[PDB]
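The structure described below contains pregnanolone.
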Amino acid sequence: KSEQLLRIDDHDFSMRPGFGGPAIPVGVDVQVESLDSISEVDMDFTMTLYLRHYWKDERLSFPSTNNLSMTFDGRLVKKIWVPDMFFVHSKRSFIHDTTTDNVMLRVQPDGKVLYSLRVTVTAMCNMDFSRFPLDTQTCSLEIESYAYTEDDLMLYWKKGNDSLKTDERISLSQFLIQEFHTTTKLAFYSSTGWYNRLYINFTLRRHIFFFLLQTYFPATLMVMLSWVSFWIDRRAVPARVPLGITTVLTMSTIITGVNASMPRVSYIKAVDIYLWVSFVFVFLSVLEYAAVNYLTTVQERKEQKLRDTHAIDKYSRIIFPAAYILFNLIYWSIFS
Amino acid sequence: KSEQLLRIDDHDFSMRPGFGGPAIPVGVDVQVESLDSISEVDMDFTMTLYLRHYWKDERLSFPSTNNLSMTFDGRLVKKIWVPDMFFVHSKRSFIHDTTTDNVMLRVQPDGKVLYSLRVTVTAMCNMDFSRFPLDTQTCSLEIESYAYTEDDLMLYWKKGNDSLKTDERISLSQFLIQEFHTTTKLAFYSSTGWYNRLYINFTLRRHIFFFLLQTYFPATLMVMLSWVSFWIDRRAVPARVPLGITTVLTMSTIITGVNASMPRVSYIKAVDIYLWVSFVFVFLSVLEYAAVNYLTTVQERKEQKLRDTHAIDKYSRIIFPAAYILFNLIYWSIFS
Amino acid sequence: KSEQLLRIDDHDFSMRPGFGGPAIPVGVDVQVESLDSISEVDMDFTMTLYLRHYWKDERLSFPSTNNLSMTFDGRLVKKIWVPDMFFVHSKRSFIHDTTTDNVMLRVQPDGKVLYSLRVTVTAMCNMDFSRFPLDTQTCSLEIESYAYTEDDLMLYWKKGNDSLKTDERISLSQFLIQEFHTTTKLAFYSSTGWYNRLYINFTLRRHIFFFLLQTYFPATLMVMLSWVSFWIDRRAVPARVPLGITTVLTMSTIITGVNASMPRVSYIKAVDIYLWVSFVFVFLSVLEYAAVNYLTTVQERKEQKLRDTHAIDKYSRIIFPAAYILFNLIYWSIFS
Amino acid sequence: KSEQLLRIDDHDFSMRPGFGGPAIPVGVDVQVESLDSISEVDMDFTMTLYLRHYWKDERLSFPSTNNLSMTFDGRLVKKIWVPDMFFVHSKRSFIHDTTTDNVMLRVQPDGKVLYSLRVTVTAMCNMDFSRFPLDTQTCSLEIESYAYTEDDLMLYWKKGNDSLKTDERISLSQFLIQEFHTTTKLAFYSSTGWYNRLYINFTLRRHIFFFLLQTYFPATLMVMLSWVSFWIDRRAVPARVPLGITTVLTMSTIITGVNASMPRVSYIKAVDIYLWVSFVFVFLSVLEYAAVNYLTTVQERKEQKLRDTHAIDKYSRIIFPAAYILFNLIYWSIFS
Amino acid sequence: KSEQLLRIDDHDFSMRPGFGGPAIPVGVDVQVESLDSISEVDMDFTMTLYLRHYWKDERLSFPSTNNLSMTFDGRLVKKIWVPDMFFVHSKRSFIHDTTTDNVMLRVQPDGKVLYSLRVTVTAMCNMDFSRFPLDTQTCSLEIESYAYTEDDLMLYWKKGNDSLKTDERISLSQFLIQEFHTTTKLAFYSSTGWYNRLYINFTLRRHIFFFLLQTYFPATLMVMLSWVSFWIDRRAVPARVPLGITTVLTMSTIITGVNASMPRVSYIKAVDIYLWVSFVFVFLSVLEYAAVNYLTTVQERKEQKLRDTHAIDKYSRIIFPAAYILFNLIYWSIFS
Ligand SMILES: CC(=O)[C@H]1CC[C@H]2[C@@H]3CC[C@@H]4C[C@H](O)CC[C@]4(C)[C@H]3CC[C@]12C
Ligand SMILES: CC(=O)[C@H]1CC[C@H]2[C@@H]3CC[C@@H]4C[C@H](O)CC[C@]4(C)[C@H]3CC[C@]12C
Ligand SMILES: CC(=O)[C@H]1CC[C@H]2[C@@H]3CC[C@@H]4C[C@H](O)CC[C@]4(C)[C@H]3CC[C@]12C
Ligand SMILES: CC(=O)[C@H]1CC[C@H]2[C@@H]3CC[C@@H]4C[C@H](O)CC[C@]4(C)[C@H]3CC[C@]12C
Ligand SMILES: CC(=O)[C@H]1CC[C@H]2[C@@H]3CC[C@@H]4C[C@H](O)CC[C@]4(C)[C@H]3CC[C@]12C
Ligand SMILES: CCCCCCCCCCCC
Ligand SMILES: CCCCCCCCCCCC
Ligand SMILES: CCCCCCCCCCCC
Ligand SMILES: CCCCCCCCCCCC
Ligand SMILES: CCCCCCCCCCCC
Ligand SMILES: CCCCCCCC
Ligand SMILES: CCCCCCCC
Ligand SMILES: CCCCCCCC
Ligand SMILES: CCCCCCCC
Ligand SMILES: CCCCCCCC
Ligand SMILES: CCCCCCCC
Ligand SMILES: CCCCCCCC
Ligand SMILES: CCCCCCCC
Ligand SMILES: CCCCCCCC
Ligand SMILES: CCCCCC
Ligand SMILES: CCCCCC
Ligand SMILES: CCCCCC
Ligand SMILES: CCCCCC
Ligand SMILES: CCCCCC
Ligand SMILES: CCCCCC
Ligand SMILES: CCCCCC
Ligand SMILES: CCCCCC
Ligand SMILES: CCCCCC
Ligand SMILES: CCCCCC
C-alpha cells in the first residue's frame, strides 16, 4: 500500500509544519485559462484558472532506492495538511468534478509537495460609466489565507512576475483585454491581525468607432438636415412646418432607440448630453421660423391696413453652424 | 493529537453550556463585505458578510505552559456545541467552500471560543413605488436563534453600535446607500415563547436629475411646442392640422418609450399622471383649432349667403400657459 | 448522554407507532412567512412557510424528576420515526441549511413530540386570462402523506381554521392577496387506496385603474380625435387625408406598444377586441371621406361638362358617436 | 427488526434474480402529473410523472401467519437489487426529496415487489416552424434500461395501452395537448447489443384565430387602404404623395412590431412571405402614381409649348384587387 | 459475493497497471447524442455524449468455467483504478444520476475492462462576427488526461476515424451542422511535461436567404423609392419635401428595428456599412432638391427684379443609380 510508506497514523496532521517555530513559506503559481462572462449591471466577472501550491513537509518523507515521485488524487487531501486559500471579494465559486475531482498531489522523496486544482471563481468589480463610451475600467483578483496570519504562514509569488501565464486566445465579446501584472500588499484585520494578499490586475477597453457610428453620426446628420429650412422661401408654410415637426419626431425616435440599446445604468452620461443638446438645437430651429412667420403676417396686415429674405434667416444661417461647431469643440476638448 | 487535549469523549456536547442554570450569553459581530444585487420586481436584495460569535465554555479548557491558542477548521464543529443562528425572512443562502469550508474556530486556554464563517444571504424587502422616482426605501436584515428561547440563550451585540463595519467601496449601480445602524427587539412565538432578534438597517435613494432629464424635459418641450399653432394664421389649415397630429404622435411615442424603460410595476405613479396631463393638454390644443376653423367657415358661408385674429386664439394664448403653470405648481407642491 | 435516556437500540423505529392497531393521528400547523414570486407564463408560484407536526409515541418516554423537556436537532431524525409528508403538484422544493439544518425536535416526558422545519416550495396553478385585465384567479397548496393510507395514518388540522397564520406584511408587486382559508378532502389512488389531503386557499386580484389609464384612455382619445375631420371643409384634401393616415399610424403604434408590454399569452383577450374595434372605426373614418371626395369630383365634372356641407358628413357626425356609445354599452354590459 | 425477516446478509444482491437463466420480466406503469414548461428556442419540454416497477424476487420471501405486506422507504434500496431505468435523450432530471426521498417499496409475502418514485425530467424535441403559425408538432418520451440487454432484462408495458394515465387538468399556456398513446420498439447498440425501449407520444397545436387577428388582419387592411389613392383627383399631389409614404411607414412599423413578438427562429416562414408581398404591393401603389404625375406634367408642357381620369388609374382600379385576390387564393391553397 | 472473485484486498489500486514499466494504452470511443444550446454573446456551446474507455488489467482476472462476463455499477469505481479523463477549456459539466448514476463497468475473464458513462459538458468557442451574416465558425471539443503524462498513460482513438458516431437527428435552431472529424495533437506543460490530447471538430453555417430578405430588401426598396422625387415637378414643394423627410424617418426606423433584433456584439459589421451607405444616399437625395429649390427661387427673383426640367434633376437621374450599382458591385465583390 502506497499510503503505508508515509507514516500517516504516526503524525498529527491538524497542525501546520514547523509548529511553534518560524512561519512556513508557501509559493503560488497561477495560469489563467479563459474569461467566461462579464456583467455590467451587477459589476462582476467570471474567470477559470489553475491554482498551484509549493511547500515542504518533512513528515511526508519516505525512503526510496531511486528519485521517482508518487502521485495521489484528491482522496489523500483529507488525511494531510493543505493550505486553506480562498478568494477575497468573491460571490460564488466551485471546483470541477468531471469525471472526477480535478485535484492532484505529487510528493517528492525529501518531502516537497505540489498541490494543483482547477477552479472557477466570480469576483466583484466596481465600475464607473461617467465617461461612457470612452471609459476605462480596471479589475483585480485577490488571494489570501483564511485562518493563518503572517506569523504562521508566509505567502508569496514563487517566481515574481513570471508566475502568471495567460492563454493566447483569451478574449471578450465587447471588451479589449491588456496589461496583465501582479502585485502584493499586506492587509490588517482587527479581529486576528495581519495577512498577506496577492493581486492579479488587468484593464478593459471598448470599441470607439462602433459607438461613434451608431450614435454620433445620426444625431449630427439630423442637426445638419434641420438647417435646410433656412434656405427655403418663407412663403411656403406647409413645407416649412412639417419638415421641422418631422425632424423633431425623427430625433425623438432616434434618442429612444439609442437609449433602448444601452445597459441600464441610471445616471447621466456624456452621450445623453450630446443628444439633448442636439434636441434643443432642433427645437430652436422651429421657434425661429415660427417668429419669422408671425412677423411677416404682422407686417403684411399693417401694410394692408395702411392703404426678399428676412434678416432672421440671414443671421441664423451663420449663427447656428458656428454655435454647433463651438459646442463640439468644447465637448471634444473636455472629454478628449 | 490536538483533539485529545480537549476531553471530547468525556462530555455530552448535545446540551448547551450551563444546562439547568442561567442563560449563556452570546456576542455577535458583523462585517459587511459587499452588496451583490437588488431586484425591484421580486423585492429582495443580496448581501455577503462575515459572521462572528463569542461565548465561553469551561468544558473546552486545556492545560498549557503558555498563553498560546489552538486553531481548528470546520471539521471540529460536528464534535462540539455551536449556536444555531439563522436569518429571518430569507429566501436562499449558502456558505462558501472554496477551496475549503470558510469556517474557523479558535479556543483559548480558559475556554473562550471564537467562531467565524463567511455567508451570502438573500432577504426580502417590501417596497412602495407610489412616489417614484422620488421614493425612499428602507431595508433590514434580521438574525435570530432558531431553537433556543431567551431563557436558555441570550443574544446581544458585543460592542453596541461599534459591532457593525462596512467596506469603504460598497456601492450599487442605480441606488445610493447611507445610514447604517443596528437595533434590537424581542419577538414572541405562540408555539415556543420569546426570542431575541437583531437588526441591520440602511436606506436607499435614487438619482433625481437623470430621471428628470430623461422624462420631464421632453414632455414639457412638447407641450410648449404644441402652443406654436396659436401664432400661425388661421387660413393655413394644411399647416395647422398636420402640426397638431404629428405632435400627438410624438407625444404618444415618447410616452410609450418612457413606459418601456421602467420596471414592470402595475400601479399608478406620479410620472404617469404628469404624462397623461400633458397628453390631455395636447389633445385640447387640437380641439381648439378645430372649432376655430368650423366657426370661420360658418361665418364666411353666412356672409356669402347674405350678398384679423380670432378671439379664441387671443384668449388661448394666455389661458394655456397659466393653466399649465398652475398645474405644475400644484404638482410640485404635493410631491415636493 | 441524552440519547441513552431514550432506548433507541431497544426498539425498531422502522415501523409506525401502534403498528397492527388503529391509525395514529397526526396534527399539522402551518405559518406562512412570505410569497416570493409568481410566474404567469409558466403558471406557478413560490411560498416559504413553517411546517409543524404533532403526535405521541410511548417508546420515547423517559423518566424525569421534573417536567422539563429535551430539545434535539435534525441529527436525531434519522434514528426515530417521523411522518413522510410531501407537497402535491409541486415542481421544486428544498430545506434551508444555514447555518445548519432548520430542523427542531422536542420530546415531552410522556412521549409527546413536536417536529418543526422551514421549507420553500413551488407549486403549479392553472390560470385563465380570458377576462384580462378583469380576471380573478384562485390558487391552492396541498399536503398529503406519501406512503401511508388513512388506515395507518390519520391527518387533520390540529385547531381547525385556527391552524393557519399569515404574516402581516405579505404582499405581491402586481397582485392583491385576500381570503385565506383551509379545507380538507379525501383522495383515491387505484394503486394503494385512499389518502387524506389538506388545502390552503387564497385569491388574487389586479389593479383595474392602472390598466384602464394605460390602455383604454389612449384608444378612446384617438377614436374621438378621428372624428375631427367631419367638421373640416371638404375642399381641403391635403388637410383631410394626412390627418386620417397619421391617425391610423398612431393607432397602429399604440396597439403595438400595448401588445409589447403584456404577458405572452397566445389567445384572444377583451382588450384586443376593444383595440381592433377602434382600429376598424378609424379605417371607416377614412373610407367615408374617400367616397365623399370621389362624389364631389364626379358632380363637379358633370356640371362642367353640362355647360354647403355634404349629406354624408351630416349623417356621419351623428352616426359614428352613437354607434361607438352603443358598442361601449354592450361591451361593458358583457364584461361588467 | 423488520430487515432481519429478509435474509439480507445471506444473499448476493449485486446480481439480477434468476442469474444464468431466462431473462426476468419487468412491468412499468406511468402516471403523468403535469407539464411544466416548453422552450421553442432550445426545443425541449419538462414533465413531472410517477414511475412504477413490478417484478418478482424469491430471495425476498419471508414467512407470515397472514397476508399483510411490509412497506419500506428509500433507505432499503441500497441493500437490494433494483432496475436501473433511465430516460433517453434527456437533458436534466432529479428526484424530489421534500420532506424526504419520494421512494416507496412494498414487498409481498411470496416475493412480489412494488417500486415507485416521483421524478421530473427534461427531454429534447426537434421542431419545424416552416408552416408557422399553422404547424403541428409531435413529441416523445423514452424509457430504456442502461446496462441490461434483452437477454437479461425484459421490459414491457404491464397493461398495454391502459398503463398510461394523465391528469384531468393538464394544460399549456400557448399549446393544445391531445392524443396520448404508447408504443414499443427495439434499439441496437454496436457496443453491447439490443435493448427494449418504450415511448409516450402526444401532439401539440396552436390557436389559429389569435395569430390571424394579430397579423393577417392589419396587413390586409393596410393593403386595402393603399388603394384609396386611385379614387382621388390626380391634381392633388400634396394629398396623393403623403398618403402613400405614410402607408409605407405604417406597413414598415407593423412588420417590425410583428417580428418583435415572434420567437427568434432564423429561417423563412409563410407569414413573412405574406407581409413582404403586401409591402411590394404598397410600393407599386406609389410607383404607379409617380409615373401618372410624370406623364401628366409632360403632356401639359407639350400642350403649352404647342401654343377626366387617366387610363392608368382606370386599369389599376381593376388590376390591383384581382391580383391580390389571386395571390390570396394561391397562398391559402398551398398552406391550407 | 461477486466482489470476492476479484482479489480487491490483495492489491494496491492507487497505482496504475504496469507501474515502473511501459505506459498503459487506453482507447476512447465517443458517441454524440445531441446539441443542447449555443450562446453567441458568451461564446460557448453545450453537448451531451457517451464516453467509453478500453484498457486491460491483469489484477482483475478471475477464474471461470465459461466465457461469461460480470457487470458492475458505479459503486465499484471507488475500489479500482480508472483513468482520470477531463475536458479542456470547459466551463461546467455534470454526470446524470437519474434514477441512479449512469456508470457501467464490464470485466472480462482475462482482465479486459469496459468503462462507460453519460456526461453533459459546456465548452468555450471563440467566434468572429466580422463577416456577419456571411460568417463561418469552427468549434472543437478536447479530451486530455489530468495527472498522467505520455510516459505513464498513452491515449489514442481506438478505431481511428470510426470511433466517432453522431445521432441522425442532431440539429440546431439557427445553425447548420456539418463536417464531423477527429484529430490528435501533443500538448506541453512546463510544470509536468507532455500530454496527449484529442479533438472533435465541426462547422456551423447560417441561413443566408432569411437575413437577405429581412435586411437587404427593405433598404434597397427604400433607396429606390427615394429616387421618385427626381420625376416630380419642381414647383410642388409641399409634395417634394415631406416625401424626403418621411423617407428619412422610415429609413431610421428600419435601421433601428434591424439593430434591435441582432445579437449584442459591439463592433462594426458589413450589414451596418450597407445600411449607413443607404442612409447617406437618402440624405443626399434631399440636399439635391434643397439646392434646386434655392436656385430656382434666386433665378425667379432676379428675373422679376430685371423687369422645363432643371439640369440638376436630369443629371441626378443618371448619376444616382449608377453610383448605387457601382457600390453594390464593389460590396458584393469584397464580401462575396
Ligand atoms: C411674438 C412672436 O414672434 C411669437 C411667435 C411664436 C411665439 C411663441 C410660440 C410658443 C409659445 C406660445 C405661448 O402661448 C407663449 C410663449 C411662446 C414661447 C411664444 C412666444 C411668442 C412667439 C415667439
Ligand atoms: C361646433 C364646433 O366648433 C365643432 C368643431 C370640432 C367639433 C368636435 C370634433 C370632435 C367630435 C366629433 C363628434 O362627431 C362630435 C363631438 C366632437 C367633440 C365635436 C364637437 C363640435 C366641435 C367642437
Ligand atoms: C365609388 C366610391 O365612392 C369610391 C371612393 C373610394 C372607393 C374605395 C377605395 C378603396 C378600394 C379600392 C379598390 O380599387 C376598390 C374597392 C374600394 C373599397 C373602393 C370602392 C369604391 C369607393 C368607395
Ligand atoms: C418614365 C416614368 O414614368 C417615370 C416616373 C417615375 C420613374 C421611376 C422612379 C423611380 C426610379 C428612379 C430612377 O432614377 C430611375 C428608375 C425609376 C424606377 C424610375 C423609372 C421611370 C419612371 C417610372
Ligand atoms: C447654396 C445652396 O444651394 C444651399 C441650398 C441648401 C443649402 C445647405 C442646407 C444645409 C446646410 C445649412 C447651413 O446653414 C449651411 C450649410 C448647408 C449644408 C447649406 C449649404 C448651402 C445650400 C446647399
Ligand atoms: C443657438 C441659438 C441661435 C439663435 C440665433 C438667433 C438669430 C437672430 C437674428 C436676429 C437679427 C435681427
Ligand atoms: C386648459 C383648457 C384651456 C381652454 C381655453 C379656452 C379659451 C376659450 C376662449 C373663448 C373666448 C370667447
Ligand atoms: C359605424 C359605421 C358608420 C357608417 C355611417 C355611414 C353614414 C352614411 C350617410 C349617407 C346619407 C345619404
Ligand atoms: C400587381 C401589379 C399591378 C400593375 C398594374 C399596372 C396597370 C397599367 C395600366 C396601363 C394602361 C395603359
Ligand atoms: C452619389 C452622389 C451623386 C451626386 C449627383 C450630383 C449631380 C449634379 C449635376 C450638376 C449638373 C450641372
Ligand atoms: C466612422 C463614423 C464616424 C462618425 C463621426 C461623428 C463625429 C461627430
Ligand atoms: C470638430 C471636432 C474637433 C475635435 C477637437 C479635439 C481636440 C483634442
Ligand atoms: C437637468 C434637466 C432638468 C429638467 C427640468 C424639468 C422640469 C419640469
Ligand atoms: C414651476 C415649478 C415650481 C416649483 C415649486 C416647488 C415648491 C416646493
Ligand atoms: C359608457 C359606459 C357605460 C357603462 C355601463 C356599465 C353597466 C354595468
Ligand atoms: C378573427 C380575425 C379574422 C381575420 C381574417 C384575415 C384573413 C386574411
Ligand atoms: C380568399 C380566401 C380563399 C381561401 C380558399 C381556401 C381553399 C382551401
Ligand atoms: C429573397 C430576398 C432577396 C433580397 C435581395 C437583396 C439584394 C440587395
Ligand atoms: C448587383 C449585384 C452584383 C453581384 C456580383 C457578385 C460577384 C461575385
Ligand atoms: C448636465 C447636462 C445638461 C444637459 C442639458 C440638455
Ligand atoms: C431661436 C431664436 C428666435 C428669435 C426670434 C426673434
Ligand atoms: C389619478 C390620476 C388621474 C390622471 C388623469 C389623466
Ligand atoms: C379647448 C376648448 C375649445 C373651446 C371652443 C369654444
Ligand atoms: C371575436 C373578436 C372579434 C374582433 C373583430 C375585430
Ligand atoms: C364608411 C361608410 C361610407 C359610405 C359611403 C357611401
Ligand atoms: C420565397 C419568399 C419570397 C418572398 C418575396 C417577397
Ligand atoms: C406599377 C406599374 C406602373 C406602370 C407605369 C406605366
Ligand atoms: C468603415 C465603415 C464606414 C461606414 C460609413 C457610412
Ligand atoms: C447632392 C449634391 C447636390 C449638389 C448641388 C449643386
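By convention in this document, chain letters (A, B, ...) are assigned in the order of the sequence lines, proteins followed by strands, and residues within each chain are numbered from 1. For the numbers below, each heavy atom of this structure counts, side chains included, while hydrogens, waters and symmetry mates do not. Just follow the structure's listing: the first ligand is 1, and inside any ligand the first atom is 1.
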Open item on the list: Can you help me spot every copy of pregnanolone here?
Closed with: ligands 1, 2, 3, 4 and 5
- [ ] Write down the macromolecule with more contacts to pregnanolone (ligand 3) than any other chain, named per UniProt.
- [x] Gamma-aminobutyric acid receptor subunit rho-1
Task: Other chains with a heavy atom under 4.0 Å from pregnanolone (ligand 3) - done: C, D
- [ ] Write out the binding site of pregnanolone (ligand 3) as chain and residue number, heavy atoms closer than 4.0 Å.
- [x] C/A290, C/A291, C/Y294, D/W227, D/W231, D/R317, D/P321
Task: TM segments of chain D by UniProt number, heavy atom under 4.0 Å of pregnanolone (ligand 3) - done: 1, 4
